[PDB]
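Contents of the following structure include SNDX-5613.
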Amino acid sequence: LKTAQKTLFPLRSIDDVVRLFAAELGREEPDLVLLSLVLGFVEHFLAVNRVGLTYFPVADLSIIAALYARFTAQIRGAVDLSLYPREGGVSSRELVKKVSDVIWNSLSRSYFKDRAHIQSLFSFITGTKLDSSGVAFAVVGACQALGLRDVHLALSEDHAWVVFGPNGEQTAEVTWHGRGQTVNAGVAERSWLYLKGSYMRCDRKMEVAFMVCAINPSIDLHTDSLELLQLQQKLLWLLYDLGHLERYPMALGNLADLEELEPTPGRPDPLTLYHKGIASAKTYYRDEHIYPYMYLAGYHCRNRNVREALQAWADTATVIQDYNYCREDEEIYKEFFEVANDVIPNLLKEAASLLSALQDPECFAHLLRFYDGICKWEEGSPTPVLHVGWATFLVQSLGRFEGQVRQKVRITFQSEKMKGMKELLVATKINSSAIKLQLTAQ
Amino acid sequence: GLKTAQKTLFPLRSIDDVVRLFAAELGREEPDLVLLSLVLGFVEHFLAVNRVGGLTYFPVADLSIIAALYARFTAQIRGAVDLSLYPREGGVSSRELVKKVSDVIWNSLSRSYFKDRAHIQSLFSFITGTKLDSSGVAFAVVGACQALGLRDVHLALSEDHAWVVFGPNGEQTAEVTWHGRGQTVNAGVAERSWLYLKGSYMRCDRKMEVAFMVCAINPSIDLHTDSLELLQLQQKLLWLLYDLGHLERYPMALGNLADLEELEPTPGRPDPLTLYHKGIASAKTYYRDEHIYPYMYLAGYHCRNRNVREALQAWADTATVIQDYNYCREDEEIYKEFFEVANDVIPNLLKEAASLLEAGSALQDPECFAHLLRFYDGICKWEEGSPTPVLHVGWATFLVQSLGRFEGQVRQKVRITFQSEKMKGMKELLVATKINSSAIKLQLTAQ
Ligand SMILES: CCN(C(=O)c1cc(F)ccc1Oc1cncnc1N1CC2(CCN(C[C@H]3CC[C@H](NS(=O)(=O)CC)CC3)CC2)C1)C(C)C
Ligand SMILES: CCN(C(=O)c1cc(F)ccc1Oc1cncnc1N1CC2(CCN(C[C@H]3CC[C@H](NS(=O)(=O)CC)CC3)CC2)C1)C(C)C
Ligand SMILES: [Mg+2]
Ligand SMILES: [Mg+2]
Ligand SMILES: [Mg+2]
Ligand SMILES: [Mg+2]
């Protein structure tokens with residue numbers, strides 16, 4: 001650590017942490033290892049080993065300098081750079097593989113790899129435990145501590161790896177999902193997990209944004225750390241103000257969800273931030289991201305804006321339609337399954353009871369765009385998506401709209417399945433049996 | 001269908017009115033299972049499913065609502081099942097007749113729903129929603145059978161499944177619902193899976209069937225909130241059944257009542273520890289000590305009160321029961337309960353204890369170390385002869401971590417009976433002053 005950094009200690013409050021982040025983000029190379037260990041330390045004494053009162057666990061220089069030394073010396077100890085000629089200020093694959101192996105070999109052979117609060121370098125140093133994405137982050141933190149300035153975090157919506165080399169052009173798998181390979185076959189197979197190449201390639205500032213989104217305020221299934229929520233919210237505003245969330249759609253979604261919980265006066269309202277996330281995905285990631293729409297959909301859902309919610313879910317299906325469903329895409333499958341088979345059916349039932357969205361042919365058209373996207377998603381997929389469970393809720397959901405509301409609705413149907421049954425969907429009588437068979441055809 | 005006697009207990013305006021109805025029905029040779037299910041169903045629905053500085057409330061059940069629902073259930077069954085086609089010699093039901101009632105219930109359900117959802121356990125949910133969970137179906141078949149006058153059809157339950165017994169002396173069994181047929185449960189008993197308790201399952205009379213529907217009350221509103229009123233209702237109904245002697249052969253019901261007494265103790269009542277012990281005594285006396293949950297119930301209570309010795313003793317008891325079973329695919333519930341104990345609760349309890357020890361005690365007690373070894377030995381013996389492994393490398397790490405919470409001086413002299421070849425195979429390593437982590441790991445995970 002430099003004298004500059006040392007003077008920001010001890011961290012006695014949330015404002016002290018925000019000052020340390022502000023100071024580090026001002027530099028060309030923010031110290032990822034310092035910042036990770038500090039969030040790790042604060043998360044550990046607020047979520048994992050707690051103590052009414054709200055409190056901040058004071059981070060003395062003595063504790064954080066020790067942890068920093070432990071991480072940096074461990075990496076430097078394990079990697080002899082004089083064996084890796086590093087011509088043109090670019091790292092070789094052999095060097096990135098080696099740092100990957102150093103991180104891998106330092107982990108416990110057996111732990112709950114899915115547990116909360118094993119995301120930070122704190123958990124790696126004090127516990128020898130990292131989650132999936134904790135590993136990729138640790139490889140990048142190690143690379144920075146070795147002075148390898150071209151090694152960066154790549155993320156999809158559910159996986160992480162590294163890019164390196166002349167233009168961030170090279171990719172390497174470093175962690176497990178659900179090594180040393182490129183991600184090219186993932187991009188080529190058009191799975192959601194690799195976003196068809198439209199994944200985030202972070203600079204050091206997005207890597208700080210990632211570790212801030214990684215803060216997990218969960219204490220148990222019933223209780224969040226208020227202090228960790230407050231810390232995340234202030235750190236995300238700092239990154240917002242400095243321009244570092246511009247190319248981070250999920251971070252704007254995260255900050256919007258926090259603003260819905262506890263609005264910051266003078267700040268953009270949640271709807272603005274959800275739209276900025278969607279604008280970010282459209283502008284920088286070829287509109288290939290699902291969560292910015294799912295975020296907006298959740299907010300409208302929670303506020304009982306049924307039209308707006310169904311519109312946002314139809315958008316999510318309009319994105320997913322250009323993918324193939326592959327084995328490792330199960331997170332987004334479950335999110336679509338929850339929307340189709342639980343949230344929409346319940347929202348429509350709420351509406352039917354108050355009766356409205358059910359007299360609005362616009363809401364019916366959103367529902368059809370939703371199912372059409374899902375059917376087009378399934379086309380060309382190496383595994384089916386729609387089984388008989390889906391079919392029931394389709395018919396149930398269609399039937400919440402009277403013949404007069406459904407009759408004139410005309411949308412573009414990308415999918416062969418919805419094309420195949422356009423006459424059944426606008427018919428005065430819903431032929432439930434035929435719709436069911438058509439949807440589950442395979 | 002309903003008698004003047006029953007009609008005069010209406011409307012139900014309070015929890016006490018519901019207790020009066022149950023009291024009146026339990027006084028009879030044939031308590032009306034369909035009436036009682038519809039009433040709990042109705043009350044659950046307006047307290048947990050469709051709710052209203054705050055209010056607690058009781059949803060008034062008018063005769064008009066309950067008599068309608070009763071008629072709907074009983075007429076629907078009588079409509080579907082023509083008894084004159086099933087000659088019923090000796091006052092005993094045929095398999096074809098039980099299978100038919102099973103098919104009627106199955107055919108009445110929505111073709112797709114979340115069969116795993118809360119609040120789809122009652123005949124209320126079946127009549128108003130055409131939705132039943134697994135055990136809701138078995139109960140519905142028995143309620144249908146009673147409304148058809150089939151006096152020999154009774155609810156059978158294990159700790160995670162339900163079917164029916166019928167015939168001369170409850171001789172016959174039929175699968176009626178899904179887990180996770182018209183076939184017997186004989187192959188389940190023979191495979192020695194926990195799901196069929198090796199034949200030591202509950203064969204309910206009509207009073208235990210009321211107890212089952214009372215245990216079926218689900219007070220959950222969402223993940224974070226219980227209906228106070230439904231907890232209060234369940235507790236008073238369980239006391240009624242207790243006082244009348246109907247919980248004597250229902251170990252999980254005494255566990256349920258004990259959990260409620262810990263939440264809100266009833267003055268003048270036996271304390272929770274008494275009720276958990278009654279549950280265990282019931283399992284030992286009437287079920288060949290083949291039940292796991294009476295011990296798990298006791299273990300949870302000790303755990304929540306930070307009686308570490310007593311908790312580890314109760315968990316070691318649970319492993320002493322399971323050791324005489326084979327782990328089969330559909331026993332996943334109890335697997336997960338053992339996994340949670342071994343790999344989460346015990347490690348965390350021991351870590352708590354280690355911290356209170358460095359600060360200025362179960363960890364200096366060789367009795368607690370012995371309990372831990374009995375636990376692992378039962379689990380290894382459970383695995384022996386199983387068609388599925390139980391122990392993988394995840395288990396091994398927490399064993400070593402948990403052994404290591406006890407110093408060499410505490411572990412050294414402990415000698416327990418080892419049923420499993422696996423624990424016998426490494427008895428010297430467990431009491432050694434140095435824990436050979438690597439060897440212990442391989443021994444427990446091998447095969
Ligand atoms: C959240 C933790 N996390 C990851 O999960 C992650 C790891 C990776 F390797 C790659 C991507 C990752 O995701 C994120 C990355 N950066 C920031 N945020 C990430 N998140 C937030 C995320 C998506 C959104 N969901 C919340 C939504 C889900 C859909 C929901 N809509 S709905 O209710 O209509 C659907 C039922 C609204 C809330 C939480 C998890 C994943 C990172 C930060 C370590
Ligand atoms: C919802 C309850 N229910 C069933 O789940 C059920 C269905 C069947 F087909 C067959 C048996 C069934 O179980 C019960 C039947 N009758 C009454 N109670 C039943 N219960 C209570 C039961 C077991 C105990 N658990 C709670 C315990 C679990 C162990 C725990 N101990 S621990 O914390 O030390 C273990 C980590 C204490 C709380 C709740 C569910 C299953 C019936 C009443 C419909
Ligand atoms: Mg994920
Ligand atoms: Mg697209
Ligand atoms: Mg169960
Ligand atoms: Mg035994």
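Protein chains get the first letters and strands the later ones, always in sequence-line order, with residue 1 at the start of each. Side-chain atoms are counted along with the backbone in the values below, which use heavy atoms only and exclude waters and symmetry mates. Numbering of ligands and ligand atoms starts at 1, following listing order.
In this structure, the ligands or chains belonging to SNDX-5613 are ligands 1 and 2. Here, the main chain in contact with SNDX-5613 (ligand 1) is recorded in UniProt as Menin.
Other chains with a heavy atom closer than 4.0 Å to SNDX-5613 (ligand 1): A. Neighbouring residues of SNDX-5613 (ligand 1) under 4.0 Å (non-hydrogen atoms) are A:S133, A:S156, A:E157, A:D158, A:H159, A:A160, A:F210, A:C213, A:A214, A:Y248, A:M250, A:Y291, A:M294, A:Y295, A:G298, A:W313, A:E335, A:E338, A:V339.
Protein heavy atoms are found less than 4.0 angstrom from atom 12 (C) of SNDX-5613 (ligand 1). The deposit credits the origin of chain A to Homo sapiens. Here is the list of SNDX-5613 (ligand 1) atoms found below 4.0 Å of a heavy atom in A:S156: 10 (C), 11 (C). Using a 4.0 Å cut-off to heavy atoms of A:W313, the atoms of SNDX-5613 (ligand 1) that qualify are 34 (O). For atom 18 (N) of SNDX-5613 (ligand 1), the protein comes within 4.0 Å by at least one heavy atom.
Under the 4.0 Å distance rule, the nearest protein heavy atom to atom 31 (N) of SNDX-5613 (ligand 1) falls inside the cut-off. Heavy-atom proximity to A:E335, at under 4.0 Å, picks out these atoms of SNDX-5613 (ligand 1): 35 (C), 36 (C). Of the protein's heavy atoms, A:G298 CA, 4.0 Å lies nearest to atom 33 (O) of SNDX-5613 (ligand 1).
Distance screen at 4.0 Å: atom 4 (C) of SNDX-5613 (ligand 1) has no protein heavy-atom neighbour inside the cut-off. Among the atoms of A:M294, some N or O lies under 3.5 angstrom from an N or O of SNDX-5613 (ligand 1). Counting the atoms of SNDX-5613 (ligand 1) from 1 in the order shown, those under 4.0 Å from a heavy atom of A:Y248 are 15 (C), 16 (N), 17 (C). The atoms of SNDX-5613 (ligand 1) that sit less than 4.0 Å from any heavy atom of A:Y295 are 21 (C), 24 (C). Atoms of SNDX-5613 (ligand 1) found under 4.0 Å from any heavy atom of A:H159 (numbered from 1 in listed order, with element): 8 (C), 9 (F), 10 (C).
Ranking the protein heavy atoms by distance from atom 6 (C) of SNDX-5613 (ligand 1) puts A:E157 O, 4.5 Å first.
Checking atom 35 (C) of SNDX-5613 (ligand 1) against the protein gives a heavy-atom contact under 4.0 Å.
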